[PDB]
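Here, trimethoprim is shown bound to Dihydrofolate reductase.
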Amino acid sequence: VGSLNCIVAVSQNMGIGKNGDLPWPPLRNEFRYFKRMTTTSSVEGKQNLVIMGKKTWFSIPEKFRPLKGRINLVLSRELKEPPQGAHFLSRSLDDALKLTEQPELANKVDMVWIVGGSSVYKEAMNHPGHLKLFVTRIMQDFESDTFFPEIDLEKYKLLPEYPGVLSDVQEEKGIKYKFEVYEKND
Ligand SMILES: COc1cc(Cc2cnc(N)nc2N)cc(OC)c1OC
Ligand SMILES: COc1cc(Cc2cnc(N)nc2N)cc(OC)c1OC
C-alpha cells in the first residue's frame, strides 16, 4: 500500500460544511483538482482508496457516489453493511487501515485518501506516522457548522511546492483560493 493523505477545502474561519453542503458556491476547477489528486495512481494495476465517514458519504449527490475509478470505504459503527453504491465498511479508521493489509485489498490499493469528516481528519492527524495534508485555503469567511481540526505546525511542514499542485492564487465565482501541501513524519 502507498502513501496516507488527507484532502480538504477549508474557509478562513476553518469551515468545511454547513448542514452537509458546501459553505461556499461550487468551484468547478477546485473540484477538478480533488478528482485528479484522489484518482491518479502511481502504480500499475492498482487504484487509490478513499475513506470517509458516514455523513460525508451521504453528503455526496447520488450521481457522484461512489467516486469513480477509486475504491470507496465508509466508516461507521451503526451500519452493518456498506451503503448502496459503496464497496467496503469498517468500524474505525484503525480497522480500515488494517483491512488494507488483508488479501482482498493488499495488492489492489495504491494511495489512501481520507476525505472527511472532521472527526476522521482529527484521528488521522493525531496518529503517529508519515502523513500528508492537501489543504485548499478558501480565502474568505463562510458560515459553517463543521470545522477542520487544528494543524500543529510543530509537526506539519508546509512544503514549498509539490508536482501537480499550482502554487499561485486561483479565483472562481469571485472567490480567491490557493493550494497547499503539509507533511509530517513522527
Ligand atoms: C467526499 O467526496 C468528495 C468530497 C469533495 C469535497 C472536497 C473538495 N475539495 C477538496 N480539495 N477536498 C475535498 N475533500 C469533493 C468531491 O468531488 C469533487 C468528492 O467526490 C464526490
Ligand atoms: C460530489 O460533488 C459535489 C457537488 C456538489 C454541488 C452539486 C453539483 N452538481 C450537482 N449536480 N449537484 C450538486 N449538489 C455538492 C457536493 O456536496 C454537497 C458534492 O460532493 C462533495
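Chain A is numbered as in the PDB entry; the shown residues are, in order, 1-186. One-based numbering, in listed order, for ligands and for the atoms of each. Below, all heavy atoms of this structure are taken into account, side chains as well, without hydrogens, waters or symmetry copies.
Other-chain residues and nucleotides with a heavy atom under 4.0 Å from trimethoprim (ligand 1) are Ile7, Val8, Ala9, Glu30, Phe31, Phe34, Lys35, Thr56, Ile60, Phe64, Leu67, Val115, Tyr121, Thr136. The distance criterion of under 3.5 Å between nitrogen or oxygen atoms is not met by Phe31 with respect to trimethoprim (ligand 1). Of all NADP(+)-binding residues UniProt records in chain A, the ones placing a non-hydrogen atom under 4.0 Å from trimethoprim (ligand 1) are as follows: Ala9, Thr56, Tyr121. For atom 15 (C) of trimethoprim (ligand 1), the nearest protein heavy atom lies under 4.0 Å away. In terms of protein heavy-atom proximity, atom 2 (O) of trimethoprim (ligand 1) is nearest to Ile60 CD1, 3.7 Å. For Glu30, a nitrogen or oxygen atom sits less than 3.5 Å from a nitrogen or oxygen atom of trimethoprim (ligand 1), counting backbone and side chain alike. Looking at chain A, most residues touching trimethoprim (ligand 1) fall inside the UniProt domain dhfr. Looking from atom 7 (C) of trimethoprim (ligand 1) to the surrounding protein, the closest heavy atom is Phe34 CD1, 3.9 Å. In this PDB entry, the source organism listed for chain A is Homo sapiens.
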